[PDB]
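Complex: methotrexate / Dihydrofolate reductase.
The sequence lines fix the lettering, A, B, ..., with proteins before strands; numbering per chain opens at 1. For the numbers below, each heavy atom of this structure counts, side chains included, while hydrogens, waters and symmetry mates do not. Readers should note that the entry appears only in part, and the reported contacts come from within that part. Every number for a ligand or one of its atoms is a count from 1 in the order of the listing.
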Amino acid sequence: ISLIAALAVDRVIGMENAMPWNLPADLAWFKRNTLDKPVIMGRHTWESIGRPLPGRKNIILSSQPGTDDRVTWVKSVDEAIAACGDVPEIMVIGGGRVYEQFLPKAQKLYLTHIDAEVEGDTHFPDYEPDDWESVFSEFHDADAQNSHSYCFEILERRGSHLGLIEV
Amino acid sequence: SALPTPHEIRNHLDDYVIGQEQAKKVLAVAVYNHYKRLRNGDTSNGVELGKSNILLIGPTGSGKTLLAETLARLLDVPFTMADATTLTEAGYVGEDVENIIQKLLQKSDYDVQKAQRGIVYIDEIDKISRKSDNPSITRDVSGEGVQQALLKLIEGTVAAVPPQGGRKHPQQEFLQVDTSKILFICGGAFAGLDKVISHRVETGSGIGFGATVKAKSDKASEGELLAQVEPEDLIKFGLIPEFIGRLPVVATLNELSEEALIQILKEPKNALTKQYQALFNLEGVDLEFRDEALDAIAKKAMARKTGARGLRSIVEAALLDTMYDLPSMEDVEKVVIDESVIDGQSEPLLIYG
Amino acid sequence: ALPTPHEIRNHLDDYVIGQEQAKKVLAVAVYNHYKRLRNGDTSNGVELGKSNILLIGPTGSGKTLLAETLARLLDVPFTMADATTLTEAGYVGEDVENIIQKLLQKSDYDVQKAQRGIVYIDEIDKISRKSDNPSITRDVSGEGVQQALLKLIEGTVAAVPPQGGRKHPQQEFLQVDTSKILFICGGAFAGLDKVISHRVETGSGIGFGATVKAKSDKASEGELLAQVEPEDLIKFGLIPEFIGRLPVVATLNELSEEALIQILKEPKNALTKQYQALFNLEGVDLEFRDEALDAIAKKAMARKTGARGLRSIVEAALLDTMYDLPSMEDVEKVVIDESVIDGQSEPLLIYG
Amino acid sequence: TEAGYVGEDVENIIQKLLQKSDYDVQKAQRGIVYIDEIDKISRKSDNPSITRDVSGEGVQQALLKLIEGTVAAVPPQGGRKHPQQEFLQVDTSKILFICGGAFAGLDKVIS
Amino acid sequence: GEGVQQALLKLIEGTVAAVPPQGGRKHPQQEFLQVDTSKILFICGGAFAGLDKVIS
Amino acid sequence: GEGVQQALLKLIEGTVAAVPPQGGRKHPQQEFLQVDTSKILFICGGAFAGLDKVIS
Ligand SMILES: CN(Cc1cnc2nc(N)nc(N)c2n1)c1ccc(C(=O)N[C@@H](CCC(=O)O)C(=O)O)cc1
Ligand SMILES: Nc1ncnc2c1ncn2[C@@H]1O[C@H](COP(=O)(O)OP(=O)(O)OP(=O)(O)O)[C@@H](O)[C@H]1O
Ligand SMILES: Nc1ncnc2c1ncn2[C@@H]1O[C@H](COP(=O)(O)OP(=O)(O)OP(=O)(O)O)[C@@H](O)[C@H]1O
Ligand SMILES: [Mg+2]
Ligand SMILES: [Mg+2]
């Protein structure tokens with residue numbers, strides 16, 4: 001499970017309210033690393049996108065019941081992780097309720113470190129400054145059309161254990 | 001450019017360290033080499049010069065770390081001190097070698113030019129000499145594994161240096177920094193290397209009348225053995241042969257002697273006697289240390305086998321009782337310490353006034 | 001004004017009884033630290049250093065006790081640690097930097113106060129390497145912890161985890177200097193007495209010229225521990241670099257029968273007082289005769305556990321009493337005598 | 001092998017049981033087990049307890065509570081479950097545990 | 001063996017243990033809950049097979 | 001030794017082993033993929049130095 005996200009300064013990415021920037025560069029990289037993947041979206045994120053995403057096995061983690069069939073709807077975190085199963089990569093893109101609930105079960109974190117200064121009530125949890133080590137580096141410094149930065153990064157965590165072998 | 005000369009800096013290093021002439025000279029020439037290189041960046045004129053990476057090998061309390069601190073005072077280029085025991089391979093939860101450059105940037109004020117002209121002192125380099133018996137199951141996050149990353153960095157490779165990060169993210173500029181012109185000073189007390197070096201130079205003893213049998217007093221000190229060190233010895237200790245090859249100059253310190261210890265107590269700018277004298281005077285009492293007592297302290301320190309650090313044990317003990325009741329008693333002007341006090345058979349006299 | 005060592009010793013005698021040397025070492029150390037803080041401008045060429053103490057005492061002597069008492073009177077941030085939990089860098093186990101993290105929490109984010117603090121790393125004797133011989137395997141919990149602490153004692157700038165102490169919204173690692181923080185170690189070092197004997201006692205062998213004592217004239221553990229030198233600690237499994245960072249070495253003495261009697265009534269929170277509170281909150285008075293305390297002291301010496309041994313003796317003597325007395329009625333006070341400690345007699349309960 | 005070593009742990013046994021029980025603790029808590037070669041973890045006449053027999057006595061000392069009942073610490077994950085810190089809890093007070101061995105030499109002891 | 005004994009010496013007497021904040025109500029992201037253990041009754045138990053001979 | 005020959009005794013006669021599912025660019029299966037070892041031809045060879053004498 002990789003919690004692809006941006007974590008805009010003040011965690012202003014925006015799910016309840018339609019994405020402020022709505023730039024092609026952020027949607028292109030997204031589509032590129034999401035095609036056919038079981039992206040576990042949510043009700044707030046479905047509100048801002050709506051549009052059925054070609055190929056992507058959309059899973060709307062909603063607190064309310066499921067209505068649409070084209071895009072699957074799940075109610076519990078157990079049902080949300082059951083639909084996707086054990087596939088090599090799950091791009092959880094749902095609401096804050098979804099983001100934080102799946103954080104304990106995240107291995108990688110495809111971040112975007114956007115700079116857009118907005119406000120609201122939708123925020124992401126904190127990220128371990130040391131456990132999550134950035135392995136990939138790609139600079140996407142703010143362009144004319146791209147108002148704020150969209151620097152794509154990849155993170156992961158690792159730890160060592162001793163074995164204390166004898167004879 | 002190159003305004004300071006080796007002799008000039010040597011007079012500044014002698015104000016804090018007493019002895020280790022070879023170490024001082026090695027550090028002096030290499031420091032001047034970097035300055036000469038600075039004239040045209042990396043001595044680009046025709047033939048390109050190699051690096052001057054130093055390998056400081058000295059016993060505990062010899063002055064290894066002390067040299068780095070005193071040198072920074074007179075230096076102008078950015079200097080950052082790092083400990084090899086806190087570095088872990090990339091990916092793990094521990095620190096990464098990349099952060100070493102980040103520390104340097106703070107001293108450099110984020111100036112790429114000044115940054116690549118700094119000096120990196122890596123203390124405790126003898127602690128990552130992998131000792132594992134080829135398990136191969138897990139990795140040595142504090143052993144060989146780190147060397148593989150540090151080795152590629154010293155030979156000259158582009159480094160990932162995320163900007164400072166005042167805002168939430170530094171935009172991962174990861175400005176490449178060349179380490180071919182940077183000077184590295186790896187130090188640490190290789191406790192046990194003396195035994196390794198002994199075997200290579202071991203004359204060999206027997207049991208009969210014609211053997212070479214020597215008593216413990218007649219043996220050789222680690223300082224003398226260290227002087228005969230060779231690169232092969234470092235490999236047995238658990239270091240990659242390529243790593244030691246990158247460091248051509250190896251500086252072997254000499255175990256401090258009684259005379260050296262007596263000087264350290266009074267001559268240095270911030271000697272122990274001056275340290276206690278300062279706080280004793282901060283309270284309003286004058287302290288006098290007779291030369292006779294000074295030699296006594298050194299004799300005891302030579303038995304602790306902790307170098308100059310042993311001195312503080314002897315002094316704190318001698319003055320423990322004195323320092324406990326002194327703040328309460330009044331009508332006291334000066335105190336004189338005699339050799340007998342160090343032995344423990346007498347109590348420091350007080351000049352009541 | 002600053003407090004004098006004598007004042008500190010009084011605070012340390014309210015809780016501890018029978019350790020004069022350790023009270024002085026810690027008192028002068030605190031005195032030095034207090035003046036070393038006021039004189040922060042360092043208006044002199046000298047660079048005042050610091051001396052680290054290493055309390056070595058037998059089990060049940062008051063090593064951890066003194067550390068706790070210090071926090072009561074001092075004002076600067078104080079912290080406690082456990083070396084058994086510390087592990088080398090890069091493993092799931094705790095890191096040495098966590099210590100500063102816990103110190104920051106007690107410092108209220110006042111970096112200046114945290115830069116001048118006192119730490120008490122307990123169980124420092126369990127991290128000792130197997131032996132002076134080289135280690136075949138990476139002793140994550142052994143040398144790794146020692147070698148990792150070396151820089152903290154001599155001075156370095158540890159990187160403390162951010163978003164901690166009294167600041168939740170922070171991303172930039174806070175820097176703190178460990179050049180003005182007095183780290184007071186402490187351990188029990190069980191088994192050192194044998195190492196010390198191999199140096200302080202020589203000639204032991206079979207023959208007419210050898211030496212034999214029979215354990216009757218042999219020195220006690222306390223005596224042997226007062227002659228400890230760094231050469232001995234190396235055998236115990238302490239790297240020479242670690243001992244050098246701990247110049248001061250304070251040695252405790254095994255409590256005596258006389259001292260144990262004083263510990264039962266003189267201390268502020270003496271064992272006896274703790275039990276009396278229980279009997280008193282339920283509605284009964286409790287007192288112990290002077291002869292009773294003497295018997296307890298002799299039995300505790302046999303257990304070889306220091307003051308901890310006392311609790312076993314007391315609990316056993318009144319075990320049955322504390323089980324049936326809560327149901328008894330018309331009872332106002334209890335009195336335990338020396339006979340009850342040996343079992344020949346039973347406690348005489350004063351009805352009323 | 002005993003806990004904290006490079007070998008296997010006694011909790012792995014309960015991990016294999018979940019693969020066959022579709023990771024359903026309830027069903028896994030009412031299953032049968034068969035530990036083969038239970039005769040190779042027997043002390044080699046080391047009654048004095050000279051060293052730690054992590055392959056012998058050490059393994060026996062870890063099962064004393066599994067056969068009786070205890071809140072075992074299942075390995076982090078060996079199924080669909082993505083996280084590791086979860087450390088699924090399971091009770092073994094209603095889980096039969098069969099143990100078979102050959103005990104080569106016991107025939108002499110009996111005689 | 002001895003390693004587990006050396007770790008409980010401070011627990012049975014009192015320390016500040018750090019528990020991974022996962023599950024339940026564990027709001028702290030990395031501010032590991034400090035649980036004083038100076039008031040927790042510990043009741044160990046063992047069979048001590050062979051101790052009888054030592055006493056004899 | 002004898003212990004090494006005891007473990008292989010089972011593998012050659014069927015074992016549901018647990019192999020880390022990695023090395024094939026993040027294998028979709030992440031459940032310690034099993035492999036039946038009751039259909040793999042185990043051609044165990046070796047040069048028994050001395051058997052010739054034993055047989056004679
Ligand atoms: C609200 N939002 C979430 C969103 C936006 N940018 C991201 N950018 C990155 N890097 N990662 C994400 N998690 C991410 N998520 C959106 C908004 C629009 C589309 C969208 O219309 N996608 C197009 C892709 C762009 C296009 O080709 O039109 C598609 O066809 O699926 C999806 C996600
Ligand atoms: N020649 C000297 N003159 C004055 N002081 C000294 C000298 N050598 C050591 N010291 C004292 O010792 C301390 C520095 O210790 P030192 O740098 O020798 O440790 P180290 O040998 O680097 O440690 P390690 O062996 O772990 O690497 C300083 O406080 C300094 O006062
Ligand atoms: N001198 C003393 N006066 C009063 N009580 C004491 C004394 N020494 C020990 N105690 C009692 O023993 C307990 C403290 O044990 P102590 O601190 O001696 O263990 P320790 O040896 O420090 O443990 P560790 O080996 O982990 O350091 C307290 O409950 C205290 O009541
Ligand atoms: Mg040093
Ligand atoms: Mg204690």
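To find every copy of methotrexate, look at ligand 1. At a heavy-atom cut-off of 4.0 Å, other chains contacting methotrexate (ligand 1): A.
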